[PDB]
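The next PDB entry has rupintrivir (bound form) among its components.
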Amino acid sequence: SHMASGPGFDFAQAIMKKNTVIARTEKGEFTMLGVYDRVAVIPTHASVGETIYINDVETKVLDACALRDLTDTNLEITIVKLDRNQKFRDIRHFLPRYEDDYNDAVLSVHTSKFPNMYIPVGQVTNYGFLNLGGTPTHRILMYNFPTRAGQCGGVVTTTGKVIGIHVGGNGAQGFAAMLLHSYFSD
Amino acid sequence: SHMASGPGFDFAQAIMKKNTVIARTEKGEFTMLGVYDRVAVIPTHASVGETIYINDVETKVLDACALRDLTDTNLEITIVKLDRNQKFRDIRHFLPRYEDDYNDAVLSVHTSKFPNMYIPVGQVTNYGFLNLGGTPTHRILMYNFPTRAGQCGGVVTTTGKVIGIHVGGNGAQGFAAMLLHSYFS
Ligand SMILES: *[C@@H](CC(=O)OCC)[C@H](C[C@@H]1CCNC1=O)NC(=O)[C@@H](CC(=O)[C@@H](NC(=O)c1cc(C)on1)C(C)C)Cc1ccc(F)cc1
Ligand SMILES: *[C@@H](CC(=O)OCC)[C@H](C[C@@H]1CCNC1=O)NC(=O)[C@@H](CC(=O)[C@@H](NC(=O)c1cc(C)on1)C(C)C)Cc1ccc(F)cc1
């Protein structure tokens with residue numbers, strides 16, 4: 001069915017090894033992408049509090065911002081600033097500047113149960129609006145793969161671009177929230 | 001952590017897309033590797049009967065042979081001949097001819113819940129003998145990855161070599177049965 005490229009697999013591998021951690025909230029375990037310095041991202045439905053477990057180390061959250069567009073609509077991204085010695089590789093230059101469609105993407109998961117899994121998801125479409133668990137959400141990417149709980153937070157990449165994080169699905173399709181350069185560079 | 005090469009991921013993807021199906025027995029679902037014609041392999045612990053579900057289509061098993069070496073020891077490979085119109089790409093030339101060690105291997109799964117997932121497992125070592133669920137087993141490959149149930153039948157590959165199928169683990173390590181060219185020729 002779906003296929004990815006060699007450089008695509010190697011690009012995903014480099015992001016996972018250097019820019020992901022296992023995050024655990026009250027709501028469960030999630031893959032977490034670190035973007036730069038001590039700034040990382042996680043789906044809003046994870047309900048981040050004043051503390052979070054990062055690789056099983058409880059870490060103080062210095063700040064969190066649940067992202068909403070100018071229509072005050074959910075984007076399902078929550079940016080968190082972490083009180084933790086280690087800093088992230090700056091990967092902002094891999095973030096897209098515009099909404100777009102993509103071919104042969106890869107979904108990568110980093111949890112305790114699946115500490116290094118890679119899933120080619122195929123063509124990613126700009127789906128736009130989504131009724132996500134009853135919450136209207138915008139800037140959604142869609143792919144036809146039977147995604148599962150525990151893949152939320154998973155990083156979706158193309159060769160050279162980190163395009164989103166997984167946030168939902170219906171049993172036959174997966175949905176990711178867009179990542180955009182403007183969210184982190186202003 | 002564990003790492004694989006682009007060519008490694010691309011070879012595994014080609015094997016999965018062309019030479020794997022979802023097999024479901026009374027004992028559960030397993031990844032099933034087709035080797036040539038209508039011949040496929042599955043772990044013996046799947047307890048294959050006279051029928052099997054191949055991609056949710058009940059298929060008549062024409063023959064099955066649970067492999068044991070010349071010491072009459074379990075190998076955990078079962079070769080099945082399937083009553084199935086479509087035939088498999090012959091990939092016998094990718095099978096190793098002898099026991100060996102491998103680097104930066106990949107474990108690939110094709111089940112209903114995880115249809116085509118890829119896991120770098122790192123260095124694969126010829127472990128040899130294993131007491132698998134109380135059954136003495138030979139020709140076992142070992143890799144340090146926390147494998148799980150539902151990854152049994154998963155194909156272990158390196159670029160150009162189909163080296164084994166997953167059959168067990170202990171929570172910190174995974175174990176696969178060797179595949180050898182002599183089994184099919
Ligand atoms: C991962 C996160 C999770 O499980 O909950 C965290 C506490 C999970 C992944 C999906 C599960 C099933 N397959 C997946 O990929 N995410 C969720 O469960 C979100 C809610 C959903 O995905 C719902 N699906 C839909 O709403 C939907 C809409 C369409 C067109 O198709 N499906 C569930 C019914 C599966 C978690 C979430 C996010 C934002 C919210 F406002 C509420 C809930
Ligand atoms: C895959 C098949 C399956 O789950 O269905 C069979 C009921 C599963 C994979 C392992 C599960 C846990 N993690 C895995 O990778 N395979 C099994 O459960 C076999 C038995 C085992 O793996 C045991 N482990 C050991 O024996 C062992 C030995 C050493 C040195 O380290 N671990 C369980 C304790 C997990 C299934 C099997 C195969 C052949 C038999 F004769 C009996 C049982």
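Letters go in sequence order (proteins before strands), and every chain restarts at 1. In listed order, ligands and their atoms are each counted from 1. Worth knowing before you read on, the calculation uses all heavy atoms, side chains too, and leaves out hydrogens, waters and symmetry mates.
All copies of rupintrivir (bound form) taken together correspond to ligands 1 and 2. Looking only at contacts, the largest set of contacts to rupintrivir (bound form, ligand 2) comes from what the PDB entry names 3C Protease. Chains touching rupintrivir (bound form, ligand 2) with a heavy atom below 4.0 Å, listed by letter, come to B. Of the heavy atoms in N131(B), only backbone atoms (N, CA, C, O) come closer than 4.0 Å to rupintrivir (bound form, ligand 2). For rupintrivir (bound form, ligand 2), one of its N or O atoms has an N or O atom of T147(B) under 3.5 Å away. Nearest to atom 42 (C) of rupintrivir (bound form, ligand 2) by heavy-atom distance, out of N170(B), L107(B), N74(B), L132(B), is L132(B). Among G174(B), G171(B), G133(B), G169(B), the residue whose heavy atom lies closest to atom 33 (C) of rupintrivir (bound form, ligand 2) is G169(B). No part of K27(B) comes within 4.0 Å of rupintrivir (bound form, ligand 2), judged by heavy-atom distances. Taking each of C152(B), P136(B), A46(B) in turn, the one with a heavy atom nearest to atom 2 (C) of rupintrivir (bound form, ligand 2) proves to be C152(B).
Distances between N or O atoms of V167(B) and those of rupintrivir (bound form, ligand 2) include at least one value under 3.5 Å. In terms of polar-atom proximity, defined here as any N/O pair under 3.5 Å, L130(B) makes no such contact with rupintrivir (bound form, ligand 2). Inclusion of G150(B) in the set of residues having an N or O under 3.5 Å from an N or O of rupintrivir (bound form, ligand 2) is not warranted. Note on rupintrivir (bound form, ligand 2): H166(B) sits in its first shell, one or more heavy atoms being nearer than 4.0 Å.
The closest non-hydrogen atom to atom 37 (C) of rupintrivir (bound form, ligand 2), taken over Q173(B), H45(B), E29(B), comes from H45(B). Among the atoms of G168(B), some N or O lies under 3.5 angstrom from an N or O of rupintrivir (bound form, ligand 2). In this structure, atom 18 (O) of rupintrivir (bound form, ligand 2) has its sub-4.0 angstrom surroundings free of protein heavy atoms.
Examination of the model shows the covalent partner of rupintrivir (bound form, ligand 2) to be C152(B) SG. Using a 4.0 Å heavy-atom cut-off, the binding site of rupintrivir (bound form, ligand 2) is formed by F30(B), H45(B), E76(B), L130(B), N131(B), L132(B), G133(B), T135(B), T147(B), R148(B), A149(B), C152(B), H166(B), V167(B), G168(B), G169(B), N170(B), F175(B).
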Write none if no such pair exists; otherwise list each N/O atom of rupintrivir (bound form, ligand 2) with its protein N/O partner under 3.5 Å and the distance.
{"from": "rupintrivir (bound form, ligand 2)", "atom 1": "13 (N)", "to": "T147(B)", "atom 2": "O", "distance (Å)": "3.3"}
{"from": "rupintrivir (bound form, ligand 2)", "atom 1": "15 (O)", "to": "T147(B)", "atom 2": "OG1", "distance (Å)": "2.7"}
{"from": "rupintrivir (bound form, ligand 2)", "atom 1": "15 (O)", "to": "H166(B)", "atom 2": "NE2", "distance (Å)": "2.8"}
{"from": "rupintrivir (bound form, ligand 2)", "atom 1": "15 (O)", "to": "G168(B)", "atom 2": "O", "distance (Å)": "3.2"}
{"from": "rupintrivir (bound form, ligand 2)", "atom 1": "15 (O)", "to": "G169(B)", "atom 2": "N", "distance (Å)": "3.3"}
{"from": "rupintrivir (bound form, ligand 2)", "atom 1": "16 (N)", "to": "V167(B)", "atom 2": "O", "distance (Å)": "3.0"}
{"from": "rupintrivir (bound form, ligand 2)", "atom 1": "22 (O)", "to": "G169(B)", "atom 2": "N", "distance (Å)": "3.4"}
{"from": "rupintrivir (bound form, ligand 2)", "atom 1": "24 (N)", "to": "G169(B)", "atom 2": "O", "distance (Å)": "3.2"}
{"from": "rupintrivir (bound form, ligand 2)", "atom 1": "26 (O)", "to": "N131(B)", "atom 2": "O", "distance (Å)": "3.3"}
{"from": "rupintrivir (bound form, ligand 2)", "atom 1": "26 (O)", "to": "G133(B)", "atom 2": "N", "distance (Å)": "3.0"}
{"from": "rupintrivir (bound form, ligand 2)", "atom 1": "31 (O)", "to": "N170(B)", "atom 2": "ND2", "distance (Å)": "3.4"}

